[PDB]
Every structure is written in structure tokens, then in C-alpha cells.
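One structure below.
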Amino acid sequence: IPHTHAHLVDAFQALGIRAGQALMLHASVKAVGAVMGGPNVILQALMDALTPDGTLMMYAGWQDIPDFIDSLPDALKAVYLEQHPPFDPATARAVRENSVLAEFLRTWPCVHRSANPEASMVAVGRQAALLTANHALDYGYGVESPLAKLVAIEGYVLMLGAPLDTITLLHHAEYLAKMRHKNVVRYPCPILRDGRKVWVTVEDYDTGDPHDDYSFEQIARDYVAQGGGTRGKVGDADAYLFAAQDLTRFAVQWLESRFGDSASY
Amino acid sequence: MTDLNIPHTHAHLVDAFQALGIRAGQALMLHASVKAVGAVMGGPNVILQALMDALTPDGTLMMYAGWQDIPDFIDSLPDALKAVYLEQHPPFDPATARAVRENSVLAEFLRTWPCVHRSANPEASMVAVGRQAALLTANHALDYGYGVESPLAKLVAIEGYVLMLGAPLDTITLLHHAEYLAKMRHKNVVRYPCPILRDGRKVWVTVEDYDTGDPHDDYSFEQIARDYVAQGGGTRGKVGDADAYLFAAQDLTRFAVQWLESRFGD
Ligand SMILES: NC[C@@H]1O[C@H](O[C@H]2[C@@H](O)[C@H](O[C@@H]3[C@@H](O)[C@H](N)C[C@H](N)[C@H]3O[C@H]3O[C@H](CN)[C@@H](O)[C@H](O)[C@H]3N)O[C@@H]2CO)[C@H](N)[C@@H](O)[C@@H]1O
Ligand SMILES: [Cl-]
Ligand SMILES: [Cl-]
């Protein structure tokens, strides 16, 4: 018997989901198990628990981002510069890993999607426009990002069978932390500007590898170990619910205590 | 033991569609296997963008969506479990109802396109973009979803086309319209439950249709389509790595009706 809408609603409420919350979701649909009506019922149940006054956001990114063209043979790069489509928020695919639900969320009526291709977020609900508005192209996990706004509105992160290493918010903690050294990347990307394709250079902190000798799984495990968040089952999945403000504060201090620069310049 | 090629470009797919016979302003129903096409520069949406470029905004593109999660099987469930479905299963919502499982990557992509229209019959739902998308998807009756009041009937009436892009010929939905039209010695008629939205609220209705899960007699759609191709029906050509077929909807329907009636007809 597949998990029903009502069963999931009750499980979300038992974990601590409440009306009016703003929530970023990371999920593994396989971990939840069979749901009556399919994966979209997971989103419908969560939005039921949040009510229309709540907000639900997910990381989408862009599956087809051609940020690697400089590594291709020159003649192939030339083809990409002419023929690869730009990031179009209406149709750009979300990244493939752990994003079945993010792709579902893009067909919801009244969805909003932020403008930074690599860091794009999708959101539905009362504060969806606020969270996704004015997402800067450079430093997409920084001060002008949906993650900064999620912290400012005292939102939450919900892990629904998703590995703790995939918490996007921790890239915002990396941005904030005063660390000895952070790796900067600069990469090409085609976007739409006044309805025309334009290739631009995006600058950001590397989000593919850590800036020092840590992992997000290590940080999150330490947070849980000192009492951070709530834990419970939703369907077949192990779930965690974290306050965005407290987790960000914890992670910044965690990074600064281990990888800060005590030298003055 | 065969390697994947350099990704096909938008421009090279447009050229291949035009070489196959796609013309501006046509109305086309597409059956595709994205895997068969091979790597595309920009991903599967580029297949749709190239096809719409060949058709222009004056053309129309339609695909079969259905509803992957339709609970049309609940009458065969024990009573306690059936009651759970009746209370908890979501209704068909055309905005979010996912398309059927197989060969539907492009149908799911079409649903994120602006100005998409989806027809109202859950099990037989079609999605369309372009000039005649509203016309094709309008007023799709709940009963006999492949019949006189269907997008397939309208596709035939406006003299549209069927494009096969690496999909097996047996999956041509239009052949269920031929079954509807053909006078045959035996037909299975089914009634099944379905939850829909009626004034924003979930209501369970009973749908009546010809069975489309099994043939009505000793035939298969692969048989019909293979006989059609063998007698010169359609045009053929490569699109990316896929072998493609382009059929006139009216000619294929007429052929399939005559095929069924010659073997099982009056
Ligand atoms: N074979 C047993 C039967 O399978 C049914 O399920 C079937 C049904 O959901 C679904 O059938 C769907 C219909 O829906 C839909 N309205 C049109 C579509 N062309 C048709 O598709 C089917 O018929 C085509 C041609 N022929 C095949 O190419 C295709 O593989 C097959 N899925 O696929 C399943 C297999 O056809 C039912 N479980 C029950 O009627 C019975 O148990
Ligand atoms: Cl997933
Ligand atoms: Cl496919």
C-alpha cells in the first residue's frame, strides 16, 4: 500500500513542519518509497502542511550548463558558442542528481525560478517571488542569493532521504566564513539578455570541491551530534529538519575555528 | 561496442527535419525515443526547439501524454484498499499530471513550454504547442477518448502528420482512432473510475471507452504499420542517430481502417 497524501502530511507535521514556514527541500524520491499518486504527491503533501502562506524552494541549477567549453578542442568550442542554447528559466532542465522533485516543481502553477543559471532555485508559495528575485550572476550562493533570503526570513532546510552532503545552504556558509583561502572560479555561460543570447563570464567560489580539509557531511553530522535540528521518518525515508539561521551560524563558526587565518595583513 | 558521437546541434536537427519533409505550418504529432536520437547539444529540449523551428510559429506540435498515475485499476482491489484510493488519490490536474512512462521525455518537456495546451481527457490526454494547439486540444470528451471528439480526429480533419523519431511503429496513438472508426466483428467496451477536477474540487467519474490496452481481435499495431510502410506509406530519413518516419495522418488512418475492416469487418 503506497504512502497516502494524508500519511505524508502527518509525517511532515510530526517532524516539525508548520503552517507559514519557508522551506528548502532536498529529497530522494526512491528513499521515500512508493506514494499513492506518484512523486508529485510528496510536494502536494508538503505544501498542504505549509499551507498557501508557506513557501517551498528547491535547488534546480541547469543540467545543460556549458561551463566546460574551454576544455574542448577549439573547433568544438566554436560550435558550442554558435549552437548551444542559452539558459531559459522557463525550460532549462534541473540538474539530474536528486532532483526528480525539482523537475516536478517546475510544472506547478505560479512557480518562480531565479536567474542565476548554475545556482538557479525554484520556489512556490507566499514568499516564492521574494526568495527567487534578483539572484546575482556572480557569487550565486552569497549575499544576493535565495539562500541569504532564506536565512533572513528564518526559513528551514528539509532533508527527505537526501544525503547530508547535498545541503546547498552550506555553500552560503562557505561564502560567509572568514577562511584562510577560498578558490575562485570564472567560467563562461550563455544567458538571455533583452531576448537575445549573450555569453558572459560568471565569477563564483568553487562549489565542486571544498576550500579546505572538510566535507559538508562532516559539518552536518557534527551539527546533528550537538543537538541541531529534528529527525524523523517520512514514508520510508530518514528525514532531518534544520533551521536555516542556526545551521548557517553553526557552519560558519565550524569553518572559522578550523580554517581561519589568524594572521593580520 | 559503439561510442557516442559529438552532440547534434539545433541547426543540424532543423536541416534533418527539413530533409525528411517537415514544412512550415504543418500540424504534427510526434512519437520519439530521445535515446535513439543520440546526444544533443543542449539536451532533449533542443529536439523540440529544432522541430518547432522547422514548423515555425504557424505550425503545431502535439504529443500523447496520458496520465501515468491514473487509478483506473481500483475496481480490482480489495474493498478496504479501494476506499483508501477513493479518498486519498489525487485527481487528474492537467498542469501537474505526469505523462506516461515510456518514450515520453519530450512530452514531459513540452509541459514546461510556455503556451502549451493540454486536453481534458485524463487517460487520452494530449499536449500541444503552436498555431492550432488550442483547436486540437479543445473539447476532448471523457468518453471514447480516441474517437470522434478527440485530438486525433481533429489531427486527421486538418490533414496533419505523424512523425516517428526512433519510436516503434506499434506506439502510434492514432491507430486507436482507427480502431474506433473501424466496423469490426468484436469490440471490448470498458468502464473505469477516474478522479478529475470539477470546479477546482476532486470528483470521481466513470469513463467509458473502447479498451486500448489490448487489441479487439487477432492483430497488432506493429503489423498494421509495417504493412503500411511496405506499401509505400510515408517518407523516411535520419534525424540525429534515429531512423525517422513521416506519415500523413489522414492516409494512415484510412489505410488502418481498411486493414481492420478487410480482416475483421462487415
Ligand atoms: N495486456 C494486459 C492489459 O494491459 C493493460 O495496461 C495497458 C495500458 O495501461 C496501456 O495501454 C495504453 C493505453 O492505456 C493508452 N490509452 C494508449 C496506448 N497506446 C496503450 O499502449 C499500449 O498499446 C500500444 C499498442 N498496442 C503498445 O505499443 C504499448 O506498448 C502499450 N503500452 O499499457 C498497458 C499494456 O498495453 C491493462 N493492465 C489491462 O487492460 C490488461 O491487463
Ligand atoms: Cl530524486
Ligand atoms: Cl524518450
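Order of sequence lines = order of chain letters (A, B, ...). Chain A is numbered as in the PDB entry, which gives 26-290 for the residues shown. Numbers in chain B come straight from the PDB entry, and the residues shown are 21-286, in order. Numbering of ligands and ligand atoms starts at 1, following listing order. Method reported for this entry: X-ray crystallography, 1.5 Å. Any value given below was found using the heavy atoms of this structure, including those in side chains, with hydrogens, waters and symmetry copies removed.
The drug at ligand 1 is neomycin. The chain with the most heavy-atom contacts to neomycin in this structure is named in UniProt as Aminoglycoside N(3)-acetyltransferase III. By chain letter, those with a heavy atom nearer than 4.0 Å to neomycin are B. Measured by heavy atoms, neomycin lies under 4.0 Å from these UniProt 2-deoxystreptamine antibiotic-binding residues of chain B: B/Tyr84, B/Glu143, B/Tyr166, B/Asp190, B/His196, B/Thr232, B/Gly233, B/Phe241. Proximity to neomycin (heavy atom under 4.0 Å) is shown by these UniProt CoA-binding residues of chain B: B/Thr191. For neomycin and B/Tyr166, the ligand atoms under 4.0 Å from any heavy atom of the residue are 15 (C), 16 (N), 17 (C). Under the 4.0 angstrom criterion, atom 19 (N) of neomycin counts as having a protein heavy-atom contact.
Residue contacts with neomycin: B/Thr193 is placed with no nitrogen or oxygen under 3.5 Å of a nitrogen or oxygen of the ligand (distance criterion only). There is no protein heavy atom less than 4.0 angstrom from atom 34 (C) of neomycin.
With B/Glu242, B/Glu143, B/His196 as candidates, the residue nearest to atom 15 (C) of neomycin on a non-hydrogen basis is B/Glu143. Among protein heavy atoms, atom 26 (N) of neomycin sits closest to B/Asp190 OD2, 3.6 Å.
Closer than 4.0 Å to atom 37 (C) of neomycin lies none of the heavy atoms of the protein. Protein non-hydrogen atoms do not reach within 4.0 Å of atom 9 (O) of neomycin.
Checking only distances, B/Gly233 does come within under 3.5 Å of neomycin, N or O to N or O. With a 4.0 Å cut-off on non-hydrogen atoms, B/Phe93 does not touch neomycin at all. The closest non-hydrogen atom to atom 12 (C) of neomycin, taken over B/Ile90, B/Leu194, B/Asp234, B/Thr232, comes from B/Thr232.
The PDB lists the organism for chain B as Pseudomonas aeruginosa. The contact set between neomycin and B/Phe241, taken as ligand atoms under 4.0 Å from a residue heavy atom, comprises 25 (C). Remark: atom 29 (C) of neomycin lies closer than 4.0 Å to no protein heavy atom. Shown in contact with B/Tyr84 at under 4.0 Å from a heavy atom are these atoms of neomycin, numbered in order with element: 15 (C), 16 (N). Counting protein heavy atoms under 4.0 angstrom from atom 1 (N) of neomycin gives one or more.
Taking a cut-off of under 4.0 Å to the non-hydrogen atoms of B/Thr191, the atoms of neomycin that pass are 28 (O). Residues with a heavy atom within 4.0 Å of neomycin: B/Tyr84, B/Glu143, B/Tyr166, B/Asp190, B/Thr191, B/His196, B/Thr232, B/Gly233, B/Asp234, B/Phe241.
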